[PDB]
A.B. asks: 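Input: one structure, supplied below.
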Amino acid sequence: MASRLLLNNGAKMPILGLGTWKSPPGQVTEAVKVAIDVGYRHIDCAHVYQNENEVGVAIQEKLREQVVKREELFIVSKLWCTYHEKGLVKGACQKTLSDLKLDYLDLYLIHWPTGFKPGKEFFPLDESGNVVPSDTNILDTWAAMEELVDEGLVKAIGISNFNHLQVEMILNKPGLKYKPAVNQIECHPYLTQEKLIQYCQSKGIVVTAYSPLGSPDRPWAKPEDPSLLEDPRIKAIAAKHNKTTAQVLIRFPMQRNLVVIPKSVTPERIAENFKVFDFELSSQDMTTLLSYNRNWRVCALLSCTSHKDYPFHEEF
Ligand SMILES: NC(=O)c1ccc[n+]([C@@H]2O[C@H](COP(=O)([O-])OP(=O)(O)OC[C@H]3O[C@@H](n4cnc5c(N)ncnc54)[C@H](OP(=O)(O)O)[C@@H]3O)[C@@H](O)[C@H]2O)c1
Ligand SMILES: Cc1ccc(C(=O)c2ccc(CC(=O)O)n2C)cc1
């Protein structure tokens, strides 16, 4: 299978990338160095992860050492919710660039459709605990992203956690300049996303699947939660192919024409997660994995459920 797919800005995106959410700042530099050494060309980052400086240290070292060329890397980041105001977008992007030590991003995503009140707090709360919204709508934030493209700061722009109506809102924006190149959404056998994926792909929007392993390190994990990596049905499929369960879970979205971004700080797993290009899941395997859908979410953005733009009320 090809290592990259074509986006609608004319650029190629590596279908496998390294996730950084929850990667401790003390381990993430090594994690990214190892990833690049073992063949990863695509790194998924966010300002809200508060690790971008350390990730940047890794990228910069690998560039300086000429292990890789900048043009061979695909570096993605995301605009946090407290930055949706038009006057804050450029600055947010520039802070991310400075931390990553880059002069451009290959892809910059609106992290969530929900804008929040600007300030130091990433999740500003009222006295009663609800998130305080921004009055900036998704379409104006989109115009600000487009400006980032026209200023040379980012090669492509996209969205994340947009439901199909919100994607539709962007595609229908009056005077729309650039279409979203990507929608990055949670996807795995317990949330299969057939509808949203089909819609985006029908529009020429590439989908990136996050939490492909079910995010076993998520802070809110509970024992009664389903566990992909421990699912004996999935372990049986892996066993049949002489691969690991994680490898199956990574190959799964690839064969759906999705980009996938498993996260690890463990060097051995970083390497293991990358050799997915040497085997194929059967159509039967694929349909079987799809049959496991429970509509179960790792990231439900639970503090935002009353936000006018909360993505997950809608079926898809
Ligand atoms: N746009 C968004 O809103 C959004 C939301 C969530 C995630 N994301 C992106 O998607 C990335 C991946 O999602 P995620 O971090 O939620 O979780 P994930 O990639 O599904 O799972 C990461 C967890 O799996 C473990 N793991 C990795 N490889 C393994 C293997 N081969 N065998 C066993 N365990 C393995 C990791 O452990 P170690 O790290 O200890 O090895 C870590 O605890 C994130 O890092 C982030 O970049 C984006
Ligand atoms: C209670 C609470 C509130 C907010 C967070 C939080 O900041 C959060 C939730 C999901 C994610 C991953 C992503 O959006 O990429 N983050 C970074 C976590 C926990």
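We number each residue from 1, following the sequence as shown. All values below were derived from every heavy atom in this structure, side-chain atoms included, with hydrogens, water molecules and symmetry-related copies excluded. Just so you know, ligand 1 is whichever comes first in the structure, and atom 1 is the first atom listed for that ligand.
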A.B. asks: I can't remember which of tolmetin, fasudil, gemfibrozil, risedronate, radafaxine is at ligand 2. Can you help?
C.D. replies: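 The one at ligand 2 is tolmetin.
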A.B. asks: What macromolecule, as named in UniProt, provides the greatest number of contacts to tolmetin in this entry?
C.D. replies: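 By the greatest number of contacts, it's Aldo-keto reductase family 1 member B1.
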A.B. asks: Just wondering, which residues come within 4.0 Å of tolmetin on a heavy-atom basis?
C.D. replies: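 By heavy-atom distance, that gives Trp21, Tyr49, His111, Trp112, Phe123, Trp220, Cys299.
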A.B. asks: Nearest protein heavy atom to atom 13 (C) of tolmetin, by residue and atom, and its distance?
C.D. replies: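 Minimum-distance protein heavy atom for atom 13 (C) of tolmetin reads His111 NE2, 3.4 Å.
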A.B. asks: Look up atom 2 (C) of tolmetin and tell me if a protein heavy atom lies less than 4.0 Å from it?
C.D. replies: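 Answer no: nothing from the protein, no heavy atom, is under 4.0 Å.
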A.B. asks: For atom 18 (C) of tolmetin, what is the nearest protein heavy atom, given as residue, atom name and distance?
C.D. replies: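 The closest one turns out to be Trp220 CZ3, 3.6 Å.
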A.B. asks: Students should be able to answer this: which protein heavy-atom is nearest to atom 14 (O) of tolmetin, and at what distance?
C.D. replies: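 Ranked first by proximity to atom 14 (O) of tolmetin is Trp112 NE1, 2.9 Å.
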A.B. asks: Which one of the active-site residues that UniProt assigns to chain A is nearest tolmetin, with the shortest heavy-atom distance given to 1 Å?
C.D. replies: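 The UniProt active-site residue nearest tolmetin by heavy atoms is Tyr49, 3 Å.
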A.B. asks: Specify the protein heavy atom at minimum distance from atom 11 (C) of tolmetin: its residue, its atom name, and the distance to 0.1 Å.
C.D. replies: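 That would be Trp21 CZ2, 3.5 Å.
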A.B. asks: Which residues that bind substrate according to UniProt in chain A have at least one heavy atom within 4.0 Å of tolmetin?
C.D. replies: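 Going by UniProt and heavy atoms, it's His111.
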A.B. asks: What residue and heavy atom of the protein are closest to atom 6 (C) of tolmetin, and at what distance?
C.D. replies: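 For this ligand atom, the closest protein heavy atom is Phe123 CE1, 3.8 Å.
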A.B. asks: Identify all pairs of nitrogen or oxygen atoms, one from tolmetin and one from the protein, separated by less than 3.5 Å, and list them with distances.
C.D. replies:
{"unit_1": "tolmetin", "atom_1": "14 (O)", "unit_2": "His111", "atom_2": "NE2", "d": "3.3"}
{"unit_1": "tolmetin", "atom_1": "14 (O)", "unit_2": "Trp112", "atom_2": "NE1", "d": "2.9"}
{"unit_1": "tolmetin", "atom_1": "15 (O)", "unit_2": "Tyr49", "atom_2": "OH", "d": "2.9"}
{"unit_1": "tolmetin", "atom_1": "15 (O)", "unit_2": "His111", "atom_2": "NE2", "d": "2.7"}

